A.B. asks: 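Notes on a complex, muvalaplin with Apolipoprotein(a).
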Amino acid sequence: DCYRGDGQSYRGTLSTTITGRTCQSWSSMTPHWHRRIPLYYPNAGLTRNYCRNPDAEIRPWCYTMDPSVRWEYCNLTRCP
Amino acid sequence: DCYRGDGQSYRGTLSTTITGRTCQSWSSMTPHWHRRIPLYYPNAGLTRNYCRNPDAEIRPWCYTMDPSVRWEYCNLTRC
Amino acid sequence: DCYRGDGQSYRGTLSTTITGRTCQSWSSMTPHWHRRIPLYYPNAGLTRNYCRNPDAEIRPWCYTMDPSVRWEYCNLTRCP
Ligand SMILES: O=C(O)[C@@H](Cc1cccc(CN(Cc2cccc(C[C@H](C(=O)O)[C@H]3CCNC3)c2)Cc2cccc(C[C@H](C(=O)O)[C@H]3CCNC3)c2)c1)[C@H]1CCNC1
């Protein structure tokens, strides 16, 4: 599994961060309250807890299930 | 008056930061808008402007009344 | 074109950050959702996308048109 460019187009199902943490669901505010919700980013594919890039970071990312770690990049490599 | 561990259990009355600033009230959104509110933290004892640790910081903290400084650790020692 | 004190009083028309990005409009909620609007800061001169200091930063600042970069200080030096 891989991403192209900055990964805004990435629509895979990876839900694990670079440090092995589980992604938080985009539709949950727990443990991290956020504004990266389907209502505000309807074309960004904010499904379940999948790694995404709704706000033009360098690569796909997610909020994490670890209360002490708000968000991280995903364990995902750049495409050949 | 002191905290144990990471101070998630702290329920004392200290309301002052490690720089001497006064804590903002948890129920207040001014000068700092936030979501450390009883709705998302029912167990956290978020009362008045008391130093608390709802969200697993390393020690009790509060939003500060200084508009320049969003939040700081509290002037509290470990038991 | 410069700021006095920490620039709370500043009402010039600069709309460019330190890294040369352009300010988002204060009334606009896109790309960054925020609280710094005419309602919650009534005397701050939150007009168009002009560099302001309503919330007691060290210097005037703005939210940026870059969706990733939330806010930056403006390219404005202090008055001599
Ligand atoms: O992470 C994000 O969601 C995204 C960035 C983002 C977007 C929108 C708003 C924020 C800011 N929030 C906190 C916050 C709320 C109100 C106001 C501010 C500060 C102001 C502002 O940024 O509007 C500035 C403006 C100029 N001087 C102050 C900050 C972020 C926030 C939201 C919830 C909790 C915290 C951390 C806690 C807090 O500050 O509660 C601290 C408090 C102690 N424990 C943790 C921080 C951040 C990134 C994710 C990947 N892409 C970008």
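In the text below, chain A, chain B and the rest are named by the order of the sequence lines, each starting its count at 1. Every number for a ligand or one of its atoms is a count from 1 in the order of the listing. Below, all heavy atoms of this structure are taken into account, side chains as well, without hydrogens, waters or symmetry copies. The deposited model was determined using X-ray crystallography, 2.0 Å.
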A.B. asks: Counting heavy atoms under 4.0 Å, which other chains neighbour muvalaplin (ligand 1)?
C.D. replies: A, B, C
A.B. asks: Under 3.5 Å between some N or O of muvalaplin (ligand 1) and some N or O of C/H34?
C.D. replies: no
A.B. asks: Could you work out, for atom 48 (C) of muvalaplin (ligand 1), the closest of C/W71, A/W71, A/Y73 by heavy-atom distance?
C.D. replies: A/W71
A.B. asks: Given C/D55, B/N53, A/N53, identify the one with the heavy atom nearest to atom 28 (C) of muvalaplin (ligand 1).
C.D. replies: C/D55
A.B. asks: Using a distance threshold of 4.0 Å (strictly less than), state whether atom 5 (C) of muvalaplin (ligand 1) has a protein heavy-atom neighbour.
C.D. replies: no
A.B. asks: Which UniProt domain of chain B lines most of the contact region for muvalaplin (ligand 1)?
C.D. replies: Kringle 13
A.B. asks: From atom 12 (N) of muvalaplin (ligand 1), is the closest protein heavy-atom distance below 4.0 Å?
C.D. replies: no
A.B. asks: Heavy-atom distance to atom 36 (C) of muvalaplin (ligand 1): which of B/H32, B/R36, A/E72 wins?
C.D. replies: B/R36
A.B. asks: I'd like the name of whichever of A/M29, A/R70, B/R35 reaches closest to atom 32 (C) of muvalaplin (ligand 1) through any heavy atom.
C.D. replies: A/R70
A.B. asks: Does an N or O anywhere in B/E57 fall below 3.5 Å from an N or O of muvalaplin (ligand 1)?
C.D. replies: yes
A.B. asks: Do any nitrogen or oxygen atoms of C/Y63 lie less than 3.5 angstrom from nitrogen or oxygen atoms of muvalaplin (ligand 1)?
C.D. replies: yes
A.B. asks: Identify the covalent attachment point of muvalaplin (ligand 1) as residue and atom, or report none.
C.D. replies: none
A.B. asks: Tell me whether A/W33 has any N or O atom under 3.5 angstrom from an N or O of muvalaplin (ligand 1).
C.D. replies: no
A.B. asks: Give yes if a backbone or side-chain nitrogen or oxygen of C/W61 is under 3.5 Å from a nitrogen or oxygen of muvalaplin (ligand 1), and no if not.
C.D. replies: no
A.B. asks: Could you tell me which organism the entry lists for chain B?
C.D. replies: Homo sapiens
A.B. asks: Enumerate the residues contacting muvalaplin (ligand 1) with a heavy-atom distance under 4.0 Å.
C.D. replies: A/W33, A/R36, A/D55, A/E57, A/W61, A/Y63, A/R70, A/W71, B/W33, B/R36, B/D55, B/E57, B/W61, B/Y63, B/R70, B/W71, C/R36, C/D55, C/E57, C/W61, C/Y63, C/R70, C/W71
